[PDB]
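The structure appears below as C-alpha cells.
As listed: the chains are lettered in turn, A, B, ..., one for each sequence line. Residues displayed in chain A correspond, in order, to the PDB entry positions 4-262. By the PDB entry numbering, chain B shows 4-261, in order. Order of listing sets the numbers, starting from 1, for every ligand and every atom in it. What you see below is based on every heavy atom in this structure, not just the backbone, and it leaves out hydrogens, waters and symmetry mates.
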Amino acid sequence: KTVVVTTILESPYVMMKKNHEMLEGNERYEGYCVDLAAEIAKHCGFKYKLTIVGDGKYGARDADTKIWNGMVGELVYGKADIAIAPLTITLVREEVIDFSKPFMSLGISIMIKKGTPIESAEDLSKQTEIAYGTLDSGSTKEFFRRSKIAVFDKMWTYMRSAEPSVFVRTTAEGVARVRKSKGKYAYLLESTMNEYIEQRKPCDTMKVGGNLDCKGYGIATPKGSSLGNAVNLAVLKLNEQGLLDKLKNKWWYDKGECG
Amino acid sequence: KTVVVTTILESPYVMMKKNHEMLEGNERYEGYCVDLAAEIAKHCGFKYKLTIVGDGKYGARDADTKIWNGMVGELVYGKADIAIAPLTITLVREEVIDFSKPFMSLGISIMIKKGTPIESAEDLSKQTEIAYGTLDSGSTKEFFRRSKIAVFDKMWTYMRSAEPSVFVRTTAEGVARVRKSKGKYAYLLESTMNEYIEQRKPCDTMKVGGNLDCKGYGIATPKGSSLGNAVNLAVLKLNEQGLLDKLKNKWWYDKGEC
Ligand SMILES: O=c1[nH]c2cc(C(F)(F)F)c(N3CCOCC3)cc2n(CP(=O)(O)O)c1=O
Ligand SMILES: O=c1[nH]c2cc(C(F)(F)F)c(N3CCOCC3)cc2n(CP(=O)(O)O)c1=O
C-alpha cells in the first residue's frame, strides 16, 4: 500500500538533485514539496513514491473533450493517489477532486527592475512610459481580461492592444524582458514566483506593492479518498506549528542568493 | 438530536424581523446566515435551534485567563454545537475549533464619503489633508502594525502618531465619522460591511480601491464534532451551486436601497 504521489518539476517546489542520475526513487528530488510530502506522509503514516506528472501539466479539462489533464487527471483517472504540488485551489477542480486547507497563499504581483518608479498596479495604470504585460496564456492573463475593477480593466485595455505585444511565452521570457528593458518593462506573475526570482542572481528584480487577488495552493486527493481527512489535519497542524513557514524560508531565503 | 446553532446579531447576517415579538423560535430572525443555517441543516439532515451568543462577541482568548469568550467559547466549552456566523478563519481560533472551507471571502477595504478624491490606499499614504483610521483595536489596526509592504507601513507610521486620534471606538463611530466629515475622514473596515453600508440609506458612502488582504468567514464546529465533515461538504456544494453568491446578492443588493 505504497501511496503514489503526483507532482511537477517547478523550482523550488520540486527539482532534480544535481547528481540525480546516480540516485534512485524519492532521492532524485529535492524542494519545498519534496519536504512537504515527507511531513504529510509522516503525519498520515504512509510510505510513498514521488512521480512527476506525465504530461507536465497542472490540470485542466481539454476544453471540448471532457477529459482532465495534468495532475488533476492523474487523480480523477486513478493514476495517482495524492498530488503534493503548487496546485491552485479552484472551483472547477473542486468539482472533480478534493483540496486540503491551503498550504500556501499567493496572488498576482508586479515585478520590476530595481529602481523602476512603480509601486503598485495603480501606478502602472496611470502611465505609459513603462510597458507591462503577463504570460501569453493562463490565469493571470485571464484575470485581467474578465476583471471589471477599473484599474485592472484599464490595464487589460492597455495590454490587449499594445504593440509590440507586451505578453510573453514563458516566465523566463518575462523575467529576461524585465532585466533587459532598462526598467521600462514590468511583469505580472504569481507573488511566490516573484519572491523566488528576487532571491536569484543577479539580484536585479524586485516585487512591489500588495497582491492583486487571493489564491491558495492545496494538496489534492481524488473524491472519496480515504486520505482526505488525515491530509487536511496534517496541513492544519503543519501550518499551526510553523513548519510551512519554515519550509518557505528554507527554499526561498536560506537557499537564496541575494539576502 | 436538535443541534444548537450559535450566531451573532450582525446586519445582514442575522437580524431581528420587524415583528420578532410576534414570532417564536427560528422565525424571529432573518438574514444571510439565517438562510445559510437552513441550507446547512437541509444538506446535513438535522433540526436546529438558533441562539444568539450570550456575550455578543465573536471569540478571543483572554490573555490572563486562557478562557475563550464569544461564539468560539460557546463551541469549545460545550454550549453550542455549531457556529453559523461571519466568523473569521484564523490560526489562533483553529487551535481550539474547526472551520469549514470559507463561505465568504473578504478583506480590509477603504470606505469613503461620496465625492472624496481618493481611489486607493497608496493615495491615502501620500497625503494628510484627509484623515484616515480604523477600529481602535482588532485585526485591521493589527494588520497595519505588522505590515512590511511599503505603502501599508507608511500608513501605520502616520496613524499611530496622529492627533486627534484617527481610531474609533465602534464601527458606528467610524461610519458616522465618515458621514460627518463631508469627505475629510476615511475609514478602514471589512469589505463585506463596507459593501453593505453602501447599499443603505442615506447612500452617501462607497467602497473604494481593492481589498488590502485576504480573509475568510467559515462555519465553526467543536473539535471532534461529527458534523465537521458534513458541514464542509455542504459549504463546498453550496458554493459550487452558486447558493452562497445568490444569498449575497439577496441580502446585499436585492434588499439594498441605493
Ligand atoms: O494550479 C496551478 N498551479 C500553478 C503553479 C505555478 C508556479 F508555482 F508558479 F510554478 C504556475 N507558474 C506560473 C508561472 O510560470 C510557471 C508556472 C502556474 C500554475 N498554474 C497555471 P496558471 O494559473 O494558468 O498560471 C496552475 O493552474
Ligand atoms: O470573527 C470575526 N468576525 C467579524 C465580523 C465583522 C462583520 F463585518 F460584521 F461581519 C466584524 N466587524 C463588525 C462590523 O464592522 C466592521 C467589521 C468584526 C469581526 N471580528 C472582529 P475583527 O476581526 O477585529 O474585525 C471577528 O473577530
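In this structure, the drug modeled at ligand 1 is ZK200775. The main partner of ZK200775 (ligand 1) in this structure, judged by heavy-atom pairs under 4.5 Å and named as in UniProt, is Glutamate receptor 2. Other chains with a heavy atom closer than 4.0 Å to ZK200775 (ligand 1): A. The residues of other chains having a heavy atom under 4.0 Å from ZK200775 (ligand 1) are listed as A:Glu13, A:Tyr16, A:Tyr61, A:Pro89, A:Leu90, A:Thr91, A:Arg96, A:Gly141, A:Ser142, A:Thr174, A:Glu193, A:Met196, A:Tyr220.
Closest to atom 21 (C) of ZK200775 (ligand 1), if we only count protein heavy atoms, is A:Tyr61 CD1, 4.3 Å.
Where the criterion is an N or O separation shorter than 3.5 Å, residue side chain and backbone included, A:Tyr220 fails it with respect to ZK200775 (ligand 1). Looking at A:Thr195 next to ZK200775 (ligand 1), no N or O pair under 3.5 Å apart turns up.
Result for chain A: of the UniProt L-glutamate-binding residues, ZK200775 (ligand 1) comes within 4.0 Å (heavy atoms) of A:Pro89, A:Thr91, A:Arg96, A:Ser142, A:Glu193.
Backbone and side-chain nitrogen or oxygen atoms of A:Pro89 are examined, and one is located within less than 3.5 angstrom of a nitrogen or oxygen of ZK200775 (ligand 1). For a threshold of 3.5 Å applied to N or O pairs, the pair formed by A:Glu13 and ZK200775 (ligand 1) contains no separation below that value.
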